[PDB]
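So, a structure with LY-CoV555 in it.
Chain lettering follows the listing: the opening sequence line is A, and each later line takes the next letter. We number chain A the way the PDB entry does; in order, the residues shown are 1-212. Numbers in chain B come straight from the PDB entry, and the residues shown are 334-526, in order. Here chain C follows the PDB entry, giving residues 1-140, 144-228 in order.
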Amino acid sequence: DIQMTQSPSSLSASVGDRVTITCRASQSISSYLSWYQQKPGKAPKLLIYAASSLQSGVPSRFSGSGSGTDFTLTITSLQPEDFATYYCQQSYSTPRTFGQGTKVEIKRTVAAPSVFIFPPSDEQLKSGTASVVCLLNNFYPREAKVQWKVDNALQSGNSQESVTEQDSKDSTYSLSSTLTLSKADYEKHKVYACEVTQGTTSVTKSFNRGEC
Amino acid sequence: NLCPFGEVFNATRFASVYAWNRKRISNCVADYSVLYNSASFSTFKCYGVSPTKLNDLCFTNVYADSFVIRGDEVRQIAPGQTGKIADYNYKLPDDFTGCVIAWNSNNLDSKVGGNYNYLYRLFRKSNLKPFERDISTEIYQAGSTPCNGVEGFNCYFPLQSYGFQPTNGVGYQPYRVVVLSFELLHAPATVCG
Amino acid sequence: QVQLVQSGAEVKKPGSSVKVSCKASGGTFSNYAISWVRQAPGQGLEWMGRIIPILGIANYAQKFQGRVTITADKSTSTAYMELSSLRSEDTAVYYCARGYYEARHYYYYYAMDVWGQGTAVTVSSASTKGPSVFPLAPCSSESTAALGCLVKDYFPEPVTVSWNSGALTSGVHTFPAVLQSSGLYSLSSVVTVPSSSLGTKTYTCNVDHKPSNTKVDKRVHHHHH
């Protein structure tokens, strides 16, 4: 089996930029190399085949090159419609393995999240479950570490999170994390806190169950 | 009973060349001269016999082989020939005794956008023996690395469609081909001129 | 302008089989191979196998051999992918795609040029269930307030969320669902507003769960009660 490793995993760029994405194969694959574009909720689309040939009707700001193991996709004058995920695929031999993909994101200035913490509603508690929710609103860049602390004890394995796509207006991300406990476990503790870490800064928002 | 010849020449469906169709002509009145003036044939050539001197001969069996190829490949349906069709599809022997009959079928076999129903074998490890038929669909290993049933580098799907279109040049148009081999065996003759 | 039109979304129990269709329209493709590619949620693309319709020749990636079957009906120009012994890991969007196989078109090197729209297959032992909708309200002030709704314990996807019947859109974030350990889904939808406007204004999240024919409207109280 031929392995395809794409790099970088993601990159940030501005409209007008020249962007390069590389794909390395585990062996020489001649020109059995294709590039695909995919946008959220949509089927992949062919851009380049035979490593270098522009697919009919695809904009000429896309181009491919490569030799032996190393292949590159270049987008010369990046347009809004070009922010997407890009996949390489080898068709040299079965199985026709794809690279893991490269997400092209919109560059902007750093922005601190607004951090909000939500206690479980009375209504939910009356059903025997407690969901504690942490919102990180309108932040950049995407990378953030979100941790839960209950009476200063760090939690693991009892939280899940998700992140929105880049906002259309401001190009920021928002993150929601949910800590899940039984009513009984929730009622055992006082101080509930969500900590977010980006670079050299950590911010912790909390509430006291007893208070409000 | 007259020899069922109109069944072969006027069949609605014709075989792909790689999967060429054989019909055995049994004990019947073989009238060869009427056939030669039955339609406008682009090709009527015989090998060791005349169209008129056949009407004074007897054979054990007549075999009628039928298929479709493109116009510029008809030349290949002859003893001593080479090319994809003669090498890998349909081979006539060196000492062939029969006729080769062909006609343009562009009115019938060409579809708009292409008729991709007709196939020929592009690759084979060796040439066919006379009257050999190969219907296998094994991926052709041109490399040293094995093909795991999937086309790729050095691993080629062995068949290709003609894709006959009406606007195609004369050389690329479909032609229906009937080959009549004449057999003699140590058994009573059945088909007679 | 050949399109490939796939069958609708499917929910399936572990151990069962799914059969997905792929119909050529604005054409009757007979010069082409039909590949199947799948994409698990949040993950990459994975080639499953291909059929050569003309001769009904089908081959599969080692990973799927024994469980997958690709067929093609020549008259309808319809290809089918059947996957059996379904597991929750088989939850993915399944794509059919048209590509080349013939020496004439060698210069494509088997690239896939036209793709179907995809078929969402969900594999789970869970039953259809409408969501519970709970308020998200702070333990209360700042200049900015956040309110929202937690849409918990529903199956299957998707839910849609609006605010004030679509009249409040700015400051709204509706998050991707997460799949809980229970096999039920959960999402949050939030809005940010000035603290001043919390006085008169009301905030209602409108949750639509078509798979269970349930709609829930939830008035979000300004502060935690």
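Across the structure, LY-CoV555 can be traced to chains A and C. Short version: main partner of LY-CoV555, named per UniProt, is Spike protein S1. Counting heavy-atom pairs closer than 4.5 Å to chain B, the top chain of LY-CoV555 is chain C.
Most residues around LY-CoV555 in chain B come from the UniProt domain BetaCoV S1-CTD. Contact analysis (heavy atoms, under 4.5 Å) gives the epitope of LY-CoV555 on chain B as B:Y351, B:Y449, B:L452, B:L455, B:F456, B:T470, B:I472, B:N481, B:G482, B:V483, B:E484, B:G485, B:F486, B:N487, B:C488, B:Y489, B:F490, B:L492, B:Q493, B:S494. A heavy-atom cut-off of 4.5 Å gives a paratope of LY-CoV555 towards chain B made up of A:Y32, A:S91, A:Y92, A:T94, A:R96, C:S30, C:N31, C:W47, C:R50, C:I52, C:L55, C:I57, C:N59, C:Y101, C:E102, C:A103, C:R104, C:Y110. This deposit refers to chain A as LY-CoV555 Fab light chain.
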